[PDB]
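Report on the structure given below.
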Amino acid sequence: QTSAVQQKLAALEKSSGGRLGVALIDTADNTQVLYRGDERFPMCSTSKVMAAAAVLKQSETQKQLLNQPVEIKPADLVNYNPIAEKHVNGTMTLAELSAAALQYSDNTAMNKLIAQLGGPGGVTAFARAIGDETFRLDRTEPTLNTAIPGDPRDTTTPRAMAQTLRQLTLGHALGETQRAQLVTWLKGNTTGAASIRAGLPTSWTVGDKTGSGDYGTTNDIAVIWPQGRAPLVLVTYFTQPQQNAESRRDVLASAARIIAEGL
Ligand SMILES: *C(=O)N1C[C@H](NOS(=O)(=O)O)CC[C@H]1C(N)=O
Ligand SMILES: [K+]
Ligand SMILES: [K+]
Ligand code: NA
């Protein structure tokens, strides 16, 4: 069937000119609302959640791992590295790299997480270990953001990412202290106020990870603690037909508003 919420999301998508993917999980009753929920979208920086979580999982058996220094060299800098560039010729710990990757979306930091996991396939392997058969990471930063229509590299579906985000942040894919650390990082994101949370009541608490790339790709994945109800998990992915298209964070906000109005 097609619900009123799904029809509104389709109208939003039609006005936007692009392709919108939405997946909500309401943990009050485990119900789901999906729009293009099984179509693939380029993850861009939203893939950093899986990489940081995979390192958190490694840290469960290595109490000192997150304090291990990682050397940052001039050649490690890529296209967006506001934190890592302050540490060139120095070191950052895996905790610092995770925080920078998640909260500032530093791309050099993401590459250090990927390298710690043995390459993009190590991120995919972690996804499989936690029951996500859909996620794939194939490249490092910055090429993982090419976002070419029809290209399966570095993609997932809204349904799969919402399920994984739930398991990581509210479920038991990670140990208790690691889950809390991931939640703390997401709640401290600096980049999210124009995306999902712009469409939600201001009294609700949000932790999220945004992303963007070529083809005007504009993404956000969020855990939401609304006023007076159990948490929600919401993924909004958006991509456009031309390579140089502008970001449309407003579309993600609009999708979130439609979702919230349908609760
Ligand atoms: C992630 O998608 N990226 C990293 C950086 N920050 O944007 S974010 O805050 O939306 O994550 C620049 C854009 C993008 C990229 N091209 O790597
Ligand atoms: K961006
Ligand atoms: K609901
Ligand atoms: Na772009």
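By the PDB entry numbering, chain A shows 25-57, 59-238, 240-252, 254-290, in order. Order of appearance sets the numbers: ligands from 1, and atoms from 1 within every ligand. These numbers come from the heavy atoms of this one structure, side chains and all, not from hydrogens, waters or symmetry mates.
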Drug present at ligand 1: avibactam (bound form)
Looking at this structure, what macromolecule is in contact with avibactam (bound form, ligand 1) the most, according to the PDB entry? Beta-lactamase
Which organism does the entry credit as the source of chain A? Escherichia coli
Between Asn132 and avibactam (bound form, ligand 1), which residue portion shows a heavy-atom distance shorter than 4.0 Å: side chain, backbone, both, or neither? side chain
Avibactam (bound form, ligand 1) covalent anchor: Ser70 OG
With a cut-off of 4.0 Å, which atoms of avibactam (bound form, ligand 1) are near a heavy atom of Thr235? 8 (S), 9 (O), 10 (O), 11 (O)
Below the 3.5 angstrom mark, is there an N/O of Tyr105, backbone or side chain, next to an N/O of avibactam (bound form, ligand 1)? no
What other ligands and ions have an atom less than 4.0 Å from avibactam (bound form, ligand 1)? ligand 2 (potassium ion)
Return a yes/no value for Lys73: is any of its N or O atoms, backbone included, closer than 3.5 angstrom to an N or O of avibactam (bound form, ligand 1)? no
I'd love to know the binding site of avibactam (bound form, ligand 1) - heavy atoms within 4.0 Å, chain and number please. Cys69, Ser70, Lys73, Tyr105, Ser130, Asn132, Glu166, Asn170, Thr216, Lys234, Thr235, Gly236, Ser237
